[PDB]
Structure formats: C-alpha cells, structure tokens
Asks: 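This structure holds meropenem (bound form). Let me ask you some things about it.
Per chain, numbering begins at 1; letters A, B, ... match sequence-line order. Computed from heavy atoms alone, side chains included, the values below leave out hydrogens, waters and symmetry copies. Order of appearance sets the numbers: ligands from 1, and atoms from 1 within every ligand. For this deposited structure, the header notes the method as X-ray crystallography, 1.6 Å.
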Amino acid sequence: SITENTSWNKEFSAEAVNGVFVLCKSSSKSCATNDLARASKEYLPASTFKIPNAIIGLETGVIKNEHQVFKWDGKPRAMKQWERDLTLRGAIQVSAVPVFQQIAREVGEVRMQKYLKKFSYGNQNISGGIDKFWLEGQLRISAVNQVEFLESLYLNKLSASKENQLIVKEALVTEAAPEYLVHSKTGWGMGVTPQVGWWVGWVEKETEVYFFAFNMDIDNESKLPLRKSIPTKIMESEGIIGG
Amino acid sequence: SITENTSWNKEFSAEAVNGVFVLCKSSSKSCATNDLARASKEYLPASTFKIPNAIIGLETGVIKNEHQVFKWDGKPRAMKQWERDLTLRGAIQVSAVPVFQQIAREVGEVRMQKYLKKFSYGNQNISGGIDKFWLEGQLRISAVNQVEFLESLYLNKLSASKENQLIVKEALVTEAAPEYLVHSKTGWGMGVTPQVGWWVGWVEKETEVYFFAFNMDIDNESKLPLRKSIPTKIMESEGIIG
Ligand SMILES: *C(=O)[C@@H]([C@@H]1N=C(C(=O)O)[C@@H](S[C@@H]2CN[C@H](C(=O)N(C)C)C2)[C@@H]1C)[C@@H](C)O
Ligand SMILES: *C(=O)[C@@H]([C@@H]1N=C(C(=O)O)[C@@H](S[C@@H]2CN[C@H](C(=O)N(C)C)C2)[C@@H]1C)[C@@H](C)O
C-alpha cells in the first residue's frame, strides 16, 4: 500500500533537495513516495503541530470556539506578523507560536500526552518542556504518519468531536477554487539539525481526495519556498492541483 | 439604524445598472446601503437559496453528511458543468440546480416551510412547486434579510446543528488568505421580471467581519460580472479589500 515512485526525484535534483513526498489517493492505503526510507523517517513537526494542538485546545476547552480572538499584549514577538490580535485561523495560518505555546501550557502535559496517544501522533514524545516539545524537544513524526493523521481529520475519525474537527478544517483552507479546494500547513523547524521544512495537507478535486505530506532538509533560508513548490509541481503534473 | 451612503451609487451608474448593496461591519446592527428602500425590497433568491437548502438538506438527513456525492444519472442538464458527479461544495460552487431540486423534493413542503420559518427567510412563501419556488415561484427575500441570515450562519445561531452550519460554511469559501477569508454565493434569477442578479456573503479580515448582500436588475447574462465588481469597488472604498 506504499510504492516508490521513481518518477519523482527529478523534481528534487535541480535544487539539490534531500526530501520526501508522500501522496495518497482516497485513503492512506494507496500511497506513493519518491523515497520509501525517508517516507517513514520521523522528523520534528515544528509548526505542523499546530493542527493537533488546535484540535486538543478545542477538545479540552482551552480554546473556546472558532470565534475566539487571541489578543496581543503588546510585548515584542519574534515575527512582526504575530504582533496583532489573531483569530484561531489567523494564528494557525501565520504560525503564531506564542499563541500555541500558551495553548499548550493550558492543555498541560497529562492531557497533551493522552491526546497524542489517541491520535497516534508520531513517536508521542512530549519531552523537552510543555511549550517546546514540537519546536526543539523530542517529538518526531513521519510523512506517512502525517498523511494518516490528516486522513483521519478529513473523515472526522480522530478521537475528537466532529464539530471541533470541522472548526480546524476550515482554519486550514489555503486555496479555494470552484474546481478544487486545498487544506494545508507549512512548517520550518530551525530547532533541529538539519533544519526541516514541511508542507502537509489534502486536496479535494471533483469527487476525489488526495492526502499529501512533504518534508525536506532546509540547507539555507532562501530554499524555504521549495517546501511548497516541489510538491505543488508534482501534484500539478498528476492533475490533482489545477482546474 | 441602517445608514444611507449615496456616494456608493456612482458604482452603479458607472455600469448603467439599478441595484442595492448592503454592507455591515461586526453585526447587522451597523449597516450602510446606497438605497434605503431597495435594501428592504424582497427579490427572488435564485441560486442564493442553495445556502438554506443545503443546511436543510443536512438537518433533515436528506444529505447524509459532508462527503455525500450527488451522482449524475446521465440524463441531459441545462449546463455541461452540471453533467458530472458533484460534491456538496461542487454543487454549490457551480450552482447545480438539479441537485438542489432533488434535495428540495426529498425534504418536502412541510419540512421546507418549517425551516424557512425558523430561519426567518424572506416572505417564507414556497408556493410554486417544491422544486421551483426559489426559481420561478413566490419566494422573495431582501438584501437586509440575506445579511441577517448569513450573520446567523456565521455565528452558528441558525436552528440547525453547529456541525451542519460548519459544513455549509466550508462549502461557501471562495477566497482564502492567511488573514482574509471570503464566504460568498452568486445568483441569477431569470424566472422573474425583471431578472435579478445577486452576490451575498461575508468577509473575515483579520479579527473583523463584514457581511454583505448585493442585488441588481439584470437584462441578460452580459451584466452578470457586476454582481462581484460593484461590491468589490464599494468594499475597497470602505477599506475592506486592501
Ligand atoms: C513553524 O514551523 C515555525 C514558523 N513557520 C514559519 C515559516 O513557515 O516561515 C515561521 S512564521 C512566518 C511569519 N511569516 C509567515 C506568514 O505570515 N505566513 C506564511 C502567512 C509565517 C516560523 C519559523 C515556528 C512557529 O515553529
Ligand atoms: C442560480 O442563481 C442560477 C445559476 N446561476 C448562474 C450564474 O451565476 O451564471 C447559472 S450556473 C453557472 C454556470 N457557470 C458558473 C460557474 O461558476 N461555474 C461553471 C464554475 C455557474 C445558473 C443560471 C440557477 C441554477 O438558479
């Protein structure tokens, strides 16, 4: 149920990219990858962890509803993009880590641990501090596991209410056309070596659905756009993205 | 306390059309329009009815859940874009009336009437045949009432499950950026005279929300793009777009 698509490393060679793409039609029982070994290798989730963190935040009541506004207290934040009040969708889409760090502290270790067990989320290792484990701690997850987790979310089959799964799904829409709809989330983990870049999500086109996860080593910061463009080119070539 | 902004009319006269835009910031208690009278006048909803129809289809269980596929039976349809299997978002986004006429049939008049009452939807008149009333029947709704209805949907305050309100909201997304999200639906009602063009929806911009509803008299298909361009120009003047 996972096959190595040699037809794909051609897209990684031009930019000298060490990375993996996993692409599954309908279910995680029909996947292909450019690299079987790397597909199952676990990497720091970085900002992709905002997807389970948001679901857990809602399930525990730490996050009130999709209308909650996370107010900026005026204190300097690492990125200018974070120095403003944010909705839940805004916090996710601009990757506002201080909002999610506060959410993780309020969830707490015991509940965080349990929910990552219920979600089968990577190595389920939350060592390194309740507000740091997905940034520079021990949590690790593979591209295959990402696509299993997102398929569950799409189907409302995670161990969470359908309502809370639906709230997080709308928060992840990144491209909307009358032809197709994309839900997705990037990551850049600078707290590990090599640094890791992610783009994960799913595409609904016509009456089909494709789940994907991409990660790569980030050799330098100017390579960051490849985390979306390489998988985008692959999916465009297969007809998955595009009208 | 809806306010009249007469300067907005320049956008209609620039394009030789008659119509109304209603725009509200935060809630339906802070609204402005170019034409106070027309803002409250009721017009056939046409394809904008797919919003309540979708919600009612899910509430009644006619639509199983968000992943329902509406299979095309091979019989010819009025638009080639409807001759295919469609998801709920697909059917809404291409305005596939045959899908919604089958939903309305299965819902039935008694349940359709009950929900339009709960939703305070226009004159709630579903005379005209169960699969025709919003296309050539007696149903009529104003721009103000569309904004009130969509405000209730945004807030999950319609008389339907939160889940089903969320499902239809995702089906209505038409533009997405990290801090800017648009949910919207067009309409063209040619089963009435004059014909009516609509665009209704709401914009979530940073932490603010703006609800809107636009309609205009349509001679024919050629003026349909104005349903988006006139609202876009007014909302730009209000600082919402850029
Ligand atoms: C997540 O993995 C980490 C964050 N992801 C980043 C990235 O993808 O560049 C940055 S935050 C960045 C601020 N400008 C961007 C934006 O506003 N949009 C793309 C909408 C995102 C950061 C390193 C971290 C939070 O773990
Ligand atoms: C609804 O008001 C009516 C429909 N609205 C139409 C319109 O706005 O032109 C047409 S269907 C139209 C065909 N192409 C459009 C589209 O976005 N795609 C093909 C992607 C949809 C129709 C008269 C009616 C169904 O009530």
Asks: Which macromolecule is the chief neighbour of meropenem (bound form, ligand 1) by contact count, per the PDB entry?
Replies: Beta-lactamase
Asks: Give, by letter, every other chain that has a heavy atom closer than 4.0 Å to meropenem (bound form, ligand 1).
Replies: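 Counting heavy atoms only, the chains are A, B.
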Asks: Just wondering, which residues come within 4.0 Å of meropenem (bound form, ligand 1) on a heavy-atom basis?
Replies: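 Within 4.0 Å on heavy atoms: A46(A), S47(A), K50(A), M79(A), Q81(A), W82(A), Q93(A), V94(A), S95(A), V97(A), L135(A), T186(A), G187(A), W188(A), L224(A), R227(A), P178(B).
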Asks: Find all atoms of meropenem (bound form, ligand 1) within a distance of less than 4.0 Å from any non-hydrogen atom belonging to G187(A), and give their numbers and elements.
Replies: 2 (O)
Asks: With a cut-off of 4.0 Å, which atoms of meropenem (bound form, ligand 1) are near a heavy atom of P178(B)?
Replies: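 By the 4.0 Å cutoff, the relevant atoms are 20 (C).
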Asks: Closer than 4.0 Å to some heavy atom of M79(A) - which atoms of meropenem (bound form, ligand 1) meet that?
Replies: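 It comes down to these atoms of meropenem (bound form, ligand 1): 12 (C), 13 (C).
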Asks: Using distance alone, determine whether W82(A) and meropenem (bound form, ligand 1) share an N or O pair under 3.5 Å.
Replies: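 In this structure, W82(A) places no N or O atom under 3.5 Å from an N or O of meropenem (bound form, ligand 1).
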Asks: May I ask you to list the atoms of meropenem (bound form, ligand 1) that are less than 4.0 angstrom from any heavy atom of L135(A)?
Replies: 26 (O)
Asks: Can you name the atoms of meropenem (bound form, ligand 1), numbered from 1 with element, that are less than 4.0 Å from a heavy atom of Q93(A)?
Replies: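 Those of meropenem (bound form, ligand 1) that fall under 4.0 Å from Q93(A) are 18 (N), 20 (C).
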Asks: Near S47(A), which atoms of meropenem (bound form, ligand 1) are under 4.0 Å from a heavy atom of that residue?
Replies: 1 (C), 2 (O), 3 (C), 4 (C), 5 (N), 24 (C), 25 (C), 26 (O)
Asks: Quick check: does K50(A) get an N/O under 3.5 Å from an N/O on meropenem (bound form, ligand 1)?
Replies: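 No - when backbone and side-chain N and O of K50(A) are compared with those of meropenem (bound form, ligand 1), no distance drops under 3.5 Å.
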Asks: From the structure as deposited, which residue atom takes part in a covalent bond with meropenem (bound form, ligand 1)?
Replies: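 The entry shows a covalent bond to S47(A) OG.
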Asks: According to the PDB, which organism is the source of chain A?
Replies: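 The PDB entry says Escherichia coli.
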Asks: When you compare meropenem (bound form, ligand 1) with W188(A), is there at least one nitrogen or oxygen pair between them that comes in under 3.5 angstrom?
Replies: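 Yes: some nitrogen or oxygen of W188(A) is under 3.5 Å from one in meropenem (bound form, ligand 1).
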Asks: Within a distance under 4.0 Å of any heavy atom of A46(A), pick out the atoms of meropenem (bound form, ligand 1) and give their elements.
Replies: 2 (O)
Asks: Pull out every atom of meropenem (bound form, ligand 1) sitting under 4.0 Å from any heavy atom of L224(A), numbered as shown with elements.
Replies: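 Listed by number with element, the hits are 9 (O).
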